[PDB]
Amino acid sequence: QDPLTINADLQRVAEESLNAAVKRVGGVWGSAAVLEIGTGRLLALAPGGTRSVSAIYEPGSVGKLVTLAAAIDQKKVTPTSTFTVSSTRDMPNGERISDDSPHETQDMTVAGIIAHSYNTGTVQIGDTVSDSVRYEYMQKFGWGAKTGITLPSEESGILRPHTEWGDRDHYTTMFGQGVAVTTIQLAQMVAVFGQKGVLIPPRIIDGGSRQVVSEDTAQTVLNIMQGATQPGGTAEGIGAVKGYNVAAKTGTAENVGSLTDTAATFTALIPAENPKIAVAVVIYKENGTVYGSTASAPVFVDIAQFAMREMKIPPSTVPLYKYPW
Ligand SMILES: CCN1CCN(C(=O)N[C@@H](C(=O)N[C@@H](C=O)[C@@H]2N[C@@H](C(=O)O)C(C)(C)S2)c2ccccc2)C(=O)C1=O
């Protein structure tokens, strides 16, 4: 019978979690997409109108995975390459870049950088690759284009041609600012890292795809992503799905509305040793800041715990991956 892909129980979990989280956090709206890994099948899409597919927003530091992957794919960097992290850092082109909150400067590996999500580290990582190269990766990950799901009013996102980026744009697009995204785009993206560098176009209809990154870089981005829940990681505690290895990335971005809003974002893969779902969450607050971790992780967590039961996936048999930092 059922020609749609939605899992009704999973959908209800999503809507519930989502609704609660938006209330909890004083947001004005939210959205969540759960994609099955390997098939591109939508298991859940909240809030169930079309806003999930048509509301666009600057995603923030979830965009960091695009730049990380580019640098790695181009072999310009490795998990264990080391850079200096600082509360601010003045760049060649006259730009000052700042971390969320000041910290003692120190050297960190790439692994630890995006794990702590330090802009000052990632900006350096992005500088190892040309803007036209980054730009091309951004497009292959599906930014600035409709995913092509069969639901009305999909927005294409905003991805200005790199040849158009100023000194600020050079660096802001490195951590998902100066770019607009829909939640469906974000799920499709992270899905790549569980798909051996392949992007599968999402589907809501079953029935009386492209290579974005190498299989190897996908897997390394996958290992780095597991650093999110470990001590010091932005999703420590809050991102934990008891008994299951979680690869994830938070994001907390400013948006206009001028520049008074924020979008708390979360994109995760689970279970990390062998991903079965790709999850993307966003909660938008209007005159206030809201953190991907405090806001959106809990949603993923509720969804993720159910999905693992629902899909009769056994708990993780192997340790959460660690690179030294
Ligand atoms: C173009 C100017 N302009 C405006 C937008 N803006 C900005 O909002 N910066 C944010 C940012 O994007 N940094 C995060 C990326 O999300 C890093 N990752 C977060 C995470 O994942 O939790 C983090 C660990 C909380 S900080 C930020 C800073 C402080 C608090 C929350 C978010 C800039 O500063 C910036 O350049």
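All chain A residue numbers match the PDB entry; in order, they span 260-466, 472, 482-530, 534-601. Read the numbers this way: they start at 1 and go in the same order the structure lists the ligands and their atoms. Just the heavy atoms: all of them, side chains too, but no hydrogens, waters or symmetry mates, feed the values below.
- Found at ligand 1 is the drug piperacillin (open form).
- For piperacillin (open form, ligand 1), the chief contact partner in this model is given in the PDB entry as Penicillin-binding protein,Penicillin-binding protein.
- Around piperacillin (open form, ligand 1), within 4.0 Å by heavy-atom distance, are found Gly319, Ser320, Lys323, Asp359, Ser376, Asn378, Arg427, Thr431, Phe434, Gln436, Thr507, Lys522, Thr523, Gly524, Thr525, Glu527.
- Closest protein heavy atom to atom 9 (N) of piperacillin (open form, ligand 1): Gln436 OE1, 3.9 Å.
- For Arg427, a nitrogen or oxygen atom sits less than 3.5 Å from a nitrogen or oxygen atom of piperacillin (open form, ligand 1), counting backbone and side chain alike.
- Here the heavy atom of the protein found nearest to atom 11 (C) of piperacillin (open form, ligand 1) is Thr525 O, 3.5 Å.
- Summary of contacts: the protein heavy atom closest to atom 29 (C) of piperacillin (open form, ligand 1) is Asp359 CA, 3.9 Å.
- Counting only heavy atoms of the protein, atom 13 (N) of piperacillin (open form, ligand 1) lies nearest to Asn378 ND2, 3.3 Å.
- Regarding atom 14 (C) of piperacillin (open form, ligand 1), its nearest protein heavy-atom neighbour is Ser320 OG, 2.8 Å.
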